[PDB]
Amino acid sequence: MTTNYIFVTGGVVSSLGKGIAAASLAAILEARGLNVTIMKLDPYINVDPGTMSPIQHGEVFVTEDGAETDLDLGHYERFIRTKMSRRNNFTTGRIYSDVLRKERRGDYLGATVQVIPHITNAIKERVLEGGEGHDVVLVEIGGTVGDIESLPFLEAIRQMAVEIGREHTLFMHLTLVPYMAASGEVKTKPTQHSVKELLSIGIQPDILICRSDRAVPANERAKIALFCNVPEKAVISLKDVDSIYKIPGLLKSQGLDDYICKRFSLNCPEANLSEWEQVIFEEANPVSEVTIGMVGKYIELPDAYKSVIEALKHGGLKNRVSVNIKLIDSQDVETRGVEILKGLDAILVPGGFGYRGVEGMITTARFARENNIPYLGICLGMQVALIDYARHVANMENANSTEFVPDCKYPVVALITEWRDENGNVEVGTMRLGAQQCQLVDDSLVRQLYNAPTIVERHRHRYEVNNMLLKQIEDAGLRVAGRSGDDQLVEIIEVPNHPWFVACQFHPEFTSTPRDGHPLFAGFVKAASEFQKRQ
Amino acid sequence: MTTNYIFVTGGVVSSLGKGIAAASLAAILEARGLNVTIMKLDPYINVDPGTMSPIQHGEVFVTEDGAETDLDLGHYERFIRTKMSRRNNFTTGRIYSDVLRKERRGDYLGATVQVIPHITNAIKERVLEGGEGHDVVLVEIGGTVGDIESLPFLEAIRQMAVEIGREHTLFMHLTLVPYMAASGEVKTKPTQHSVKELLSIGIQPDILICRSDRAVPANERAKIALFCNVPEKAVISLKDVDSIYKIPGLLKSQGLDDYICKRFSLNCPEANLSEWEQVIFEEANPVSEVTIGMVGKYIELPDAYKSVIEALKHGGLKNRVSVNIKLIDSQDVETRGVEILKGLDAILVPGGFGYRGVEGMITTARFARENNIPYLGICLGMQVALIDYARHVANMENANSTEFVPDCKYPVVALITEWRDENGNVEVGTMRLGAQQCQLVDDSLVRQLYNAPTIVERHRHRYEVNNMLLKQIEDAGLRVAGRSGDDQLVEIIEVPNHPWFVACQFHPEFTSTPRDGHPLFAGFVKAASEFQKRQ
Amino acid sequence: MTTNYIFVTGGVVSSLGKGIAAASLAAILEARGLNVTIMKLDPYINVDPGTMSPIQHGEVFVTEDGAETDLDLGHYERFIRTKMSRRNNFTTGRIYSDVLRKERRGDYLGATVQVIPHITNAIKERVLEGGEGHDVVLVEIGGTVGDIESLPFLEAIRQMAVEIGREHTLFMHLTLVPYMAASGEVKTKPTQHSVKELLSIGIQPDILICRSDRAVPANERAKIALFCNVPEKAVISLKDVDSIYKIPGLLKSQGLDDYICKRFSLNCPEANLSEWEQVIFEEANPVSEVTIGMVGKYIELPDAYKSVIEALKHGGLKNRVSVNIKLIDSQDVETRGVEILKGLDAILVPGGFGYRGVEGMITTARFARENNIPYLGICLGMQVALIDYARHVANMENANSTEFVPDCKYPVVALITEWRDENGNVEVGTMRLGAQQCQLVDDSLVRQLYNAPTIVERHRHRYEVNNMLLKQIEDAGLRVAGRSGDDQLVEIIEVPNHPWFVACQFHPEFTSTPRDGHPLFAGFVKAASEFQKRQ
Ligand SMILES: Nc1ncnc2c1ncn2[C@@H]1O[C@H](COP(=O)(O)OP(=O)(O)OP(=O)(O)O)[C@@H](O)[C@H]1O
Ligand SMILES: Nc1ncnc2c1ncn2[C@@H]1O[C@H](COP(=O)(O)OP(=O)(O)OP(=O)(O)O)[C@@H](O)[C@H]1O
Ligand SMILES: Nc1ncnc2c1ncn2[C@@H]1O[C@H](COP(=O)(O)OP(=O)(O)OP(=O)(O)O)[C@@H](O)[C@H]1O
Ligand SMILES: Nc1ccn([C@@H]2O[C@H](COP(=O)(O)OP(=O)(O)OP(=O)(O)O)[C@@H](O)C2(F)F)c(=O)n1
Ligand SMILES: Nc1ccn([C@@H]2O[C@H](COP(=O)(O)OP(=O)(O)OP(=O)(O)O)[C@@H](O)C2(F)F)c(=O)n1
Ligand SMILES: Nc1ccn([C@@H]2O[C@H](COP(=O)(O)OP(=O)(O)OP(=O)(O)O)[C@@H](O)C2(F)F)c(=O)n1
Ligand code: NA
Ligand code: NA
Ligand code: NA
Ligand code: NA
Ligand code: NA
Ligand code: NA
């Protein structure tokens, strides 16, 4: 069977729901038994998000293969069970970098290297590479139609549609249908103008996804159909919803997947969304409520912790608990003290880099440990927990990471090459990215929760637990719950004299889904519920 | 000095606030002592709105000279004291009608008559004729930039800017800056795309009026300025406000009138908005509250009663009464009965044509009269009041208008040329439009409200009170309060055994302003307040 | 079966060949046995070209039914045998006139009359009415894609394509592919930009007709196809040719009619272009050469005499005579005298209105008569011939038309209602338009040329031969060769003491075709050939 492509574009505005819409449509098609995948084409010049600030861009998502990618690939993995890799995300930067290397080498044989065909050919080659061996490939085009930055992507997919044929390619265009308070009407005019802009680049949209703060009524959908060369049944209402997990159902009920399967001549059973119906049911019917403090250094942009916030929500679903997530600036713990950590049923310290706000997180880890408040530490969260214990239990004064204080006496966290003891004595690829097997210690809390001896979780860090100083911290009562590799690096630590204290080096939020949840976050939210009840 | 033009255009959507923004800016310039006028260019093909139904594009406004115009001219008269005429409003229909007339009789001397220059020349001639010897002329262009229907208007004003020069012409462009709930940000992208659309038509905007449901922050305004070749100070925030009377102050506070006066080299004093501050103060400081029911056949589109709704609010300002306007379908009175007129402090029956919903209005007038509930009838409102009194007091069974039942025994309302008595005996440009003198009767409510023997009000009707059946209705207790012309046509009637029952042929709502109010509406709202307390 | 539409548009420039391309394609489809018609949509505001001067947009063509139309309908009748009528040509003026008429009398029932749907509906109705029960209807859109004036036509045909469906609608778009002298290459960039402009209006072209001063090579056609979403085989080369009669063959050789018949599912035999091959053969194989002078007042724009120039060429085909047409200003005859009529084998004085250049034509008719030079006078050409003979043979000094000198003693030409003799004595819809029967006199040139007692030819004139002064001119030797109607109006005159002197009221050029020729023009060109040899 020929691979089919759905090119997903956005008009009028960004922040429109392109990624969620693509992920939601992919979920419907996977629920019909189809082999589906999604890829994100980002128009920014960064070769990849590896170097990009969480505050500016949102979280850096990590795939099994260790690619640093757009957070949209997080949405993809939470909506479909196809595993994402490097091939599922690429930037304008990547494309120009590759073409420039081929040019400077001499691969183009003295030819003038042009946006067309050289840049467009490089785009098409990466789309085909990502799409090969799937029934349906959804290709999310970042940016807004009419902007300079996405034109090469739009010209590339236009060429692909002609080459491959309209029997195996569809253009799905999102637009904004805004509400005007004064007249009490939703407005199709931006959709009319956006479709003309998309046509002016050479693309006739097949499907229009109308985003609005309410349902787009039949009169407005008919008006959009009339002006845009699109049949009325291919003009789809996608209103603002209180849960994105409802969107697969909303799109199915408007026959979007029927329309797509008809165009692609795919004979497949009706979409079974029973698992999504269960997720929606669980979320709408919590029995208890908990407040969980997320104490970090990037709270000014919540999307910095997209996968963590979702993983906590998924913890709620499995326990039938409504999780109130309180984003707390760790620098406010440094300034105003531990007073701002009161009325929390649990505390989570997520990932981060740089010393700014870290002392606040160390204080937070101490507060949670001493007051028996459920604690989950992720990467930096497990560093500050180890530092807390080293300082305040093992009596290793001013214990720190070499990242923050390079020449500290007790570098409990440091690079493998930097490993030294308190006397400066030493033993006789630094960045860990992507999936790695971790061995769980018998009788550990995590061994019970994961219900297995070994687990596969994803890393994004280079600063490790210093094995030379570990024995002293272990003797002071701290437990090693997980290890990995030949160098037996510490992956998980637990404080046993505590209802629920777990900290891990890996990013468990990256394997959490609404349908399958996550053993660690489910345990954490349960502990939060049990704590809330005891008060 | 040379006449200055401000061309006001709208992008992204209609219902944007072009009329209110133009009127509000004109109010600031008038408060600086400038001779200012406004005109509306409507892209619809109707020669004028005389033929258009109210539920289509709102009320048909009537000027002193009897022109049937866009309701925007109502906004203009409520914001500036410059009186509107036929030359302050014209349509595409009017332009093509005039050019086709000239062409068919041979005025173009065998020339090919073209959109340019013949249609655009006709537009420029009407703009100049309406612009006269004013200091500043605001020219509001109907429709949305990028649509087919407004392109001749836009090409015309582009040519005017070049001819007159940019020292005496400004382009003021309104755009939508919508709020995205999920991201919590207002979006400048529609403004960016709309300005490029306006530029592609040959117009560089000088001023951007950014419409949003909240203030457009400095960052967003600075971004708009960066992409649109517009100075940051010429990017103006116009949020949704609870009162349009506040808009002159909000525009002044951002220096819009300073920018305009600087560009036009107009040395005039700072705007004194004391009159608007007073209107706002009155509105914000009511003493009591009333619920006035408006019972009509066009309530599905409130803009059908734009001037009447505003006139009732002005009535409130003058009494410090907060008027809750309840729009009631007259057909619901026919179905569900008088029960839906309960809990009303007053009843207004406004203008209308056709028999649909009229019997409900006659029932409504009966209820108001019999239960001593304050009543104001405008045009059709007076007809139904005369029919009510004819049927139920003067014992003229099945009394009606010839408009509704042509061959009724008692045509109490009819064309002057249809006037007959109950036996079919007779006496011996029916359409009355615009300002006409009315003589008031010595001992009437209206004589003491207007405090003058004669008044000037505006008509839009052909169906008159039948003088042949009047004397019998007068004997039954109905009072004629106002008459006009050689044919002594009945203009105002009153039911004297009632706290406040007045009904007029003319449209008093067209001469009501927020600053000067209206004697009749002030009296009506006062009567409503007295009934409210009395109960 | 369902009627099929080919919408013919032009990009980049006007004067592109839309009319000739449409007519040429229609000739191929007719040669496949298809029932085919063509209509012209003109974006000018003139209700019809009746009022337009010839020097503006060329000759006013007249159909059988007396419609005054664009000269394109002349191209249509010269290429297909389907007779044109009023419904094969309409203007923006006609559309707005009709919609304004309907609106003012209340046919739209209080609706806001808009470009869409009211103007576009009116366009679609006239296209369908003209399209009738034909197999294929070619719809030529005047103006250039991207201009304001054609946007309603383009929106209308876009809606038709959607409604009727793409199985019965094709978009054929003409573009300019200009030659750059310095680089020696033809440029596809204007085609690329024009197609994007057409797409931005909502129309994807199916066929691209590439106009150039030479063949568009495979590389350029392949490039156009790549950027325009058009199959390579649907990119057609239409070079500048020495004969428009070759165009049907050139389009057929590139498979254009095959592509169209495949898209429309039309099973019809291969086009037999034998009739066109014969015309081309005749044209390429002349035996002798003649110089015919055309003496008129509109020679500044040759298209003023489009049909007359073509009719003379058709006269050449039928005699195997190469006709060198010399355009001579009749005002130059007034200034420089008869000297500029030297070296002419024949003289044609065509139609015209107004006195400017008429005396030069009268002098021209005198020269042709006195020096036995073959003469054909059409309409004004006959008037000046009658005036010439009246003045210089019948001794009616200062004899003239009432059009030129209203109060002349001998008004030999005048309106029927102005008919008076030399003493001022009298007898007892003046505008004659379209096909009218003419009775020919037994012993006349025309009776033996037409070989019938009656003929049908087309009129466009109000000024008639004065029957009151005719008898005196007949006595002086002038022969009446043709008459018509109850008023026995003079249609044809001959000077019998002359090798070939004929002049007619009607426009015989409007019934001349390259395939069937015309008996009068064939005779005229033969007489020219005989004079050439005789000299
Ligand atoms: N139907 C919806 N209802 C409510 N929120 C939604 C809906 N669709 C998307 N969202 C939310 O809107 C935000 C943006 O969605 P998403 O990232 O998919 O859009 P996008 O077009 O890819 O944006 P950008 O390209 O600017 O990153 C997210 O917070 C997402 O959860
Ligand atoms: N700043 C504002 N705050 C609140 N309401 C507003 C504001 N400006 C305009 N409105 C309201 O919005 C509606 C449309 O205003 P207006 O008629 O001026 O717009 P417009 O662009 O001329 O509309 P249209 O093109 O549809 O005729 C009216 O109800 C008006 O009162
Ligand atoms: N292939 C061709 N070779 C030579 N001359 C041509 C060709 N096609 C058209 N012409 C000539 O070009 C001129 C314009 O042709 P035509 O009237 O069909 O164009 P058009 O696009 O309809 O023009 P306009 O829009 O200005 O009315 C005429 O003189 C015609 O004979
Ligand atoms: N390409 C187009 C499309 C439309 N229009 C003209 O657009 C006008 C309607 O303008 P509105 O009411 O603001 O727009 P709406 O389409 O209803 O969209 P919304 O859903 O945002 O309200 C018609 O007169 C027209 F004529 F139809 C136009 O001139 N050119
Ligand atoms: N003409 C332009 C303008 C911008 N951009 C690109 O637009 C991108 C930003 O997209 P966003 O965040 O949706 O746009 P915003 O301007 O901030 O508008 P909003 O106020 O609606 O959020 C940049 O990468 C860019 F590169 F700047 C572009 O490609 N071409
Ligand atoms: N939509 C497009 C299309 C092309 N190009 C760029 O256009 C460039 C080529 O420019 P040229 O040589 O003038 O264009 P040609 O297409 O060959 O047209 P002509 O037949 O008139 O010569 C490439 O670098 C490009 F990159 F291909 C572009 O930037 N955007
Ligand atoms: Na996104
Ligand atoms: Na609308
Ligand atoms: Na308005
Ligand atoms: Na932005
Ligand atoms: Na033509
Ligand atoms: Na080139």
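The sequence lines fix the lettering, A, B, ..., with proteins before strands; numbering per chain opens at 1. Every number for a ligand or one of its atoms is a count from 1 in the order of the listing. Recorded method is X-ray crystallography, 2.1 Å. Shown: partial entry. Contacts: counted within the shown part.
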Asks: At ligand 4, which drug is present?
Replies: gemcitabine triphosphate
Asks: Specify the chief binding partner of gemcitabine triphosphate (ligand 4) in this model, using its name in the PDB entry.
Replies: CTP synthase
Asks: Could you give me the letters of the other chains with a heavy atom under 4.0 Å from gemcitabine triphosphate (ligand 4)? Thanks!
Replies: A, B, C
Asks: Okay, next thing: residues with a heavy atom within 4.0 Å of gemcitabine triphosphate (ligand 4) - which are they?
Replies: A:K187, A:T188, A:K189, A:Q192, A:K223, A:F227, B:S14, B:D147, B:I148, B:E149, C:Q114, C:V115, C:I116
Asks: Which protein heavy atom lies closest to atom 18 (O) of gemcitabine triphosphate (ligand 4), and at what distance to 0.1 Å?
Replies: A:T188 OG1, 3.2 Å
Asks: Number the atoms of gemcitabine triphosphate (ligand 4) from 1 as they appear, then name those within less than 4.0 Å of a heavy atom of A:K223, with their elements.
Replies: 15 (P), 16 (O), 17 (O)
Asks: I'd love to know which of the UniProt UTP-binding residues in chain B sit under 4.0 Å from gemcitabine triphosphate (ligand 4), measured heavy atom to heavy atom.
Replies: B:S14
Asks: I'd like to check which gemcitabine triphosphate (ligand 4) atoms, numbered from 1 as shown, lie under 4.0 Å from a non-hydrogen atom of A:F227.
Replies: 3 (C), 4 (C)
Asks: What organism is annotated as the source of chain B in the entry?
Replies: Escherichia coli
Asks: Checking a contact table here: which protein heavy atom is nearest atom 12 (O) of gemcitabine triphosphate (ligand 4), and how many Å away?
Replies: B:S14 OG, 4.0 Å
Asks: Would you mind listing which atoms of gemcitabine triphosphate (ligand 4) come within a distance below 4.0 Å of any non-hydrogen atom of A:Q192?
Replies: 3 (C), 15 (P), 16 (O), 18 (O)
Asks: Please state which protein non-hydrogen atom is closest to atom 21 (O) of gemcitabine triphosphate (ligand 4) and give its distance, to 0.1 Å?
Replies: A:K189 N, 3.0 Å
Asks: I'd like to check which gemcitabine triphosphate (ligand 4) atoms, numbered from 1 as shown, lie under 4.0 Å from a non-hydrogen atom of C:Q114.
Replies: 23 (C), 24 (O), 26 (F)
Asks: Measuring from gemcitabine triphosphate (ligand 4), which other ligands or ions can be reached in less than 4.0 Å?
Replies: ligand 8 (sodium ion)
Asks: Which UniProt active-site residue of chain B is in closest heavy-atom proximity to gemcitabine triphosphate (ligand 4), and what distance, to 1 Å, separates them?
Replies: B:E509, 24 Å
